[PDB]
Chemist: 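Before I ask anything, let me first share the structure, which is written out below as structure tokens.
For reference, chains are lettered A, B, ... following the sequence lines as listed. Here the PDB entry sets the residue numbers for chain A, with the shown residues being 671-843, 852-918 in order. The residue numbers of chain B are those assigned by the PDB entry, with the residues present covering 6-13 sequentially. Ligands are counted one by one from 1 in listed order, and the atoms in each one are counted from 1 as well.
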Amino acid sequence: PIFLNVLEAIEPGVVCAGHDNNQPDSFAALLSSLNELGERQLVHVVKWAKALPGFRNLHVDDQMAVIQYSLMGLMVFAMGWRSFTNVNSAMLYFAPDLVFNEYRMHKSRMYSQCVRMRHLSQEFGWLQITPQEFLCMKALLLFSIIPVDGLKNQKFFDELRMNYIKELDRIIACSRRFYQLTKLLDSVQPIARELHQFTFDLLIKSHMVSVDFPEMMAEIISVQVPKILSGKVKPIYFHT
Amino acid sequence: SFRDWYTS
Ligand SMILES: C[C@](O)(CS(=O)(=O)c1ccc(F)cc1)C(=O)Nc1ccc(C#N)c(C(F)(F)F)c1
């Protein structure tokens, strides 16, 4: 199982947020750590992705775009998994030092999205997702959001997406497992979109609410995320 | 800058 060997070998390990768990749960503190964790996770997603089978076949600009567009979704999906395997979905395991209980969910002002994310987390147990299915599905999410006008070398992208869908079937091998999981993959996107909207709005009014964004995440939020919110860059849904 | 860091 060569493809899975590789997925297992490149999978990032533990990322802490650096959150001070002695300060009290305030909006500004929680979101400043979330923004920091976001940058720390981007670093790992980049190293991961550059080691993925075939990824370097993409034009370099398309590599960068696909990582930036799909970053939210990748982080949501991996977080749901962590929440499942670590805490059996009771709380949102963003990181070992940044675990969201109900109250934190409220204080972060992201409660509705939080509740969606633990539903997703539950799904992992409900459907009995295997580690190997999680990995292949996570790798697909990288190839699941693109400009409506296409990428710079769109054919290399389509090949790659096609080959990661096939790997997902080589792993499923039933028709019904494919239906459940394409459906699980689709449910990531609406959540990522709400997070995107929330993150964008928060950056615009960040000076007012004392929330702190790392530079690179600010650039990403200001240059790439509006492409998505303005409809130039859309998920590739399986269903509907 | 994401670009600079990615391709550095
Ligand atoms: C509010 C925010 O800090 C924004 S961000 O991380 O700067 C970010 C910025 C741009 C993006 F395209 C994606 C994410 C955020 O969504 N952080 C965050 C951090 C870690 C994890 C994890 N795990 C997640 C979530 F996906 F799980 F929600 C979200």
Chemist: I'm curious - which drug did they put at ligand 1?
Modeler: R-bicalutamide
Chemist: Of all chains near R-bicalutamide, which one has the greatest contact count, and what is it called in UniProt?
Modeler: Androgen receptor
Chemist: Okay, with a cut-off of 4.0 Å on heavy atoms, which other chains neighbour R-bicalutamide?
Modeler: A
Chemist: Which residues count as the binding site of R-bicalutamide under a heavy-atom cut-off of 4.0 Å?
Modeler: A:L704, A:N705, A:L707, A:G708, A:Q711, A:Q738, A:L741, A:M742, A:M745, A:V746, A:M749, A:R752, A:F764, A:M787, A:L873, A:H874, A:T877, A:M895, A:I899, A:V903
Chemist: Which atoms of R-bicalutamide have any heavy atom of A:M787 under 4.0 Å away?
Modeler: 28 (F)
Chemist: For R-bicalutamide, which atoms have a heavy atom of A:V903 less than 4.0 angstrom away?
Modeler: 12 (F)
Chemist: Tell me, which protein residue and heavy-atom name are nearest atom 14 (C) of R-bicalutamide, and how many Å apart are they?
Modeler: A:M742 CE, 3.2 Å
Chemist: Look at atom 19 (C) of R-bicalutamide and say which protein heavy atom is nearest, naming residue and atom and giving the distance to 0.1 Å.
Modeler: A:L704 O, 3.2 Å
Chemist: So which heavy atom in the protein is nearest atom 12 (F) of R-bicalutamide, and how far is it from that ligand atom?
Modeler: A:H874 NE2, 3.5 Å
Chemist: Nearest to atom 25 (C) of R-bicalutamide, what protein heavy atom do you find, and at what distance?
Modeler: A:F764 CE2, 3.9 Å
Chemist: Which atoms of R-bicalutamide have any heavy atom of A:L873 under 4.0 Å away?
Modeler: 28 (F)
Chemist: Quick check: what organism does the entry name for chain A?
Modeler: Homo sapiens
Chemist: Just wondering which 17beta-hydroxy-5alpha-androstan-3-one-binding residues from UniProt for chain A are within 4.0 Å of R-bicalutamide, heavy-atom wise.
Modeler: A:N705, A:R752, A:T877
Chemist: Give the residue and atom name of whichever protein heavy atom lies nearest to atom 10 (C) of R-bicalutamide, and the separation in Å to one decimal.
Modeler: A:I899 CG1, 3.8 Å
Chemist: Of all the atoms in R-bicalutamide, which lie at a distance below 4.0 Å from a heavy atom belonging to A:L707?
Modeler: 20 (C)
Chemist: Going by the order shown, which atoms of R-bicalutamide are within less than 4.0 Å of some heavy atom of A:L741?
Modeler: 13 (C)
Chemist: Polar contacts were defined as any N/O atom of the residue lying under 3.5 Å from an N/O atom of the ligand; does this apply to A:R752 and R-bicalutamide?
Modeler: yes
Chemist: Show me which atoms of R-bicalutamide lie under 4.0 Å from any heavy atom of A:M749.
Modeler: 23 (N), 27 (F)
Chemist: Checking a contact table here: which protein heavy atom is nearest atom 6 (O) of R-bicalutamide, and how many Å away?
Modeler: A:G708 CA, 3.4 Å
Chemist: If you map the residues of chain A that touch R-bicalutamide onto UniProt domains, which domain gets most of them?
Modeler: NR LBD
Chemist: May I ask you to identify the nearest protein heavy atom to atom 5 (S) of R-bicalutamide, giving residue, atom name and distance to one decimal place in Å?
Modeler: A:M895 CE, 4.1 Å
Chemist: Students should be able to answer this: which protein heavy-atom is nearest to atom 3 (O) of R-bicalutamide, and at what distance?
Modeler: A:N705 OD1, 2.5 Å
